[PDB]
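In the model that follows, one finds estradiol.
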Amino acid sequence: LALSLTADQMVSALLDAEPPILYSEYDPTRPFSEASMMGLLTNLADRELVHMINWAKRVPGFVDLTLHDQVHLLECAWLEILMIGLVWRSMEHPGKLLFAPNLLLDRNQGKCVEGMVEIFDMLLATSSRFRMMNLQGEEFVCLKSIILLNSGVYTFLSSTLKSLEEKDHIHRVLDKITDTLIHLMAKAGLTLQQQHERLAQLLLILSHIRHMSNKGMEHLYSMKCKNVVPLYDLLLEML
Amino acid sequence: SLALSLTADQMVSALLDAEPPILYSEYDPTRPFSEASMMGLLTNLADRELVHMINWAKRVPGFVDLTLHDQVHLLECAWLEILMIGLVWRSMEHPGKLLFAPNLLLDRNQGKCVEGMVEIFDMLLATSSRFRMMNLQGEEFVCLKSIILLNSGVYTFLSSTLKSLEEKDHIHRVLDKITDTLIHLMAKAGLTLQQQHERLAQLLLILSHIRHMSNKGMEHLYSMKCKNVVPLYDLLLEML
Ligand SMILES: C[C@]12CC[C@@H]3c4ccc(O)cc4CC[C@H]3[C@@H]1CC[C@@H]2O
Ligand SMILES: C[C@]12CC[C@@H]3c4ccc(O)cc4CC[C@H]3[C@@H]1CC[C@@H]2O
Ligand SMILES: [Au+]
Ligand SMILES: [Au+]
Ligand SMILES: [Au+]
Ligand SMILES: [Au+]
Ligand SMILES: [Au+]
Ligand SMILES: [Au+]
């Protein structure tokens with residue numbers, strides 16, 4: 001049915017599906033600590049996550065898919081999706097990251113966590129690029145839905161007939177979203193050359209976002225290894 | 001500053017001529033395959049392809065216009081994506097397999113012949129497979145390799161100084177020039193404007209999955225250099 005939507009419909013749909021911007025259960029009453037910040041960013045994420053599931057369902061063609069496939073799409077893309085959102089919100093705040101309205105960290109405040117400055121710089125850089133290209137919200141939502149539908153497809157066990165028809169559907173929506181991007185740029189008045197040139201710059205960024213994502217994934221799990229679970233503690237209680 | 005002049009057709013020839021030699025795995029068909037045997041087999045091939053990649057990068061429009069440190073930064077963020085896209089291209093004609101080199105053609109399984117490297121194989125196989133069904137053209141292919149070179153490392157540039165931002169503009173102009181080139185190749189091949197934009201998007205989104213395989217590869221590679229390294233056993237068999 002999404003395959004029916006005209007460009008203008010594809011835009012409103014997406015725009016309305018946009019999730020609420022959440023607040024960090026952040027408390028200035030207390031100081032920031034390596035682990036303090038991690039759980040802070042972590043809770044914000046586990047909560048945005050919940051809203052992400054509501055959003056994914058609102059995206060054209062998404063629910064046309066199989067439960068399994070939906071879970072595989074959201075399980076390969078969740079962190080890219082958070083990152084692009086974080087990036088979008090951080091545009092108006094040069095040099096900083098608006099994780100949430102009440103949580104605005106600048107570069108440095110990143111060092112308040114082991115090896116997470118690198119991921120901050122990249123995120124700052126990305127937000128900076130979006131700014132310099134004057135990314136529009138209409139453009140933004142197209143890209144978020146692309147990331148959903150596209151980062152998990154090469155990693156589908158395409159061994160059976162339902163899996164491949166599953167993939168075609170995915171690529172048709174993707175083309176439909178590309179049609180939309182082009183329309184938005186046509187409308188904005190760019191020539192056809194600028195059009196294809198801008199579709200390319202936007203898409204090539206999704207690459208750097210996949211990158212940050214993998215970096216993030218690495219840095220996140222290494223945290224879950226460290227400060228994972230004591231023992232000297234439960235034991236002392238018991239004795 | 002030459003690059004930005006090149007017409008589409010000139011951009012393709014430049015790139016096609018820049019193409020590195022196809023190398024042979026300097027190995028023995030006699031000897032079988034062990035976790036450590038393979039790794040070194042693929043690793044040498046790679047270190048050798050690496051040396052050739054340097055000659056290639058230097059012949060890519062606008063790459064030498066850049067700063068030495070910016071050049072090392074680009075090849076360092078992308079060398080493995082670059083090898084990956086070439087391996088994938090070469091494997092097109094060999095459904096289900098990976099033509100690392102003419103004399104080294106591993107199929108899926110032969111991958112398990114290395115700890116946790118089946119995953120990366122499948123992804124490579126899947127990628128080669130996608131290129132096959134989209135009927136990727138060599139002209140299309142070389143545009144994509146040069147895009148990976150120029151684009152995979154520009155965000156991770158310390159854009160804190162003036163020459164650094166002018167450094168980045170130049171890189172984005174060549175990139176636009178390469179996009180122009182891709183669209184020209186597709187127009188010429190007769191696709192409609194819709195199919196044109198549509199195909200430029202499918203091609204570029206794959207670069208994303210390549211970035212992925214790259215990071216996974218990077219992880220798997222370094223984990224090998226931690227574990228599989230000093231003979232130990234070998235040094236003992238010897239001495240003993
Ligand atoms: C995954 C991390 C914690 C959660 C962070 C987050 C949390 C919420 C959000 O909206 C965006 C991001 C982007 C960066 C993420 C971080 C990158 C490193 C860290 O481990
Ligand atoms: C980097 C690895 C070794 C070298 C391999 C290679 C070696 C040569 C080449 O032309 C392409 C590739 C792609 C996959 C690479 C592998 C992925 C995992 C492994 O560690
Ligand atoms: Au994934
Ligand atoms: Au701190
Ligand atoms: Au696909
Ligand atoms: Au990199
Ligand atoms: Au084996
Ligand atoms: Au850039």
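Letters A, B, ... mirror the listed sequences (proteins, then strands); counts begin at 1. Values below: every heavy atom of this structure, side chains too, minus hydrogens, waters and symmetry copies. We count ligands from 1, going down the list as the structure has it; atoms in each ligand are counted the same way. Method on record in the header is X-ray crystallography, 2.8 Å.
- All copies of estradiol taken together correspond to ligands 1 and 2.
- Bound to estradiol (ligand 2) with the largest number of contacts is the chain that the PDB entry calls estrogen receptor.
- Taking 4.0 Å as the heavy-atom limit, the other chains contacting estradiol (ligand 2) are B.
- Within 4.0 Å of estradiol (ligand 2), counting heavy atoms, one finds these UniProt 17beta-estradiol-binding residues of chain B: B:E49, B:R90, B:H220.
- Most residues of chain B touching estradiol (ligand 2) map to the UniProt domain NR LBD.
- The residue-level binding site of estradiol (ligand 2) (heavy-atom cut-off 4.0 Å) is B:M39, B:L42, B:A46, B:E49, B:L83, B:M84, B:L87, B:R90, B:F100, B:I120, B:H220, B:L221.
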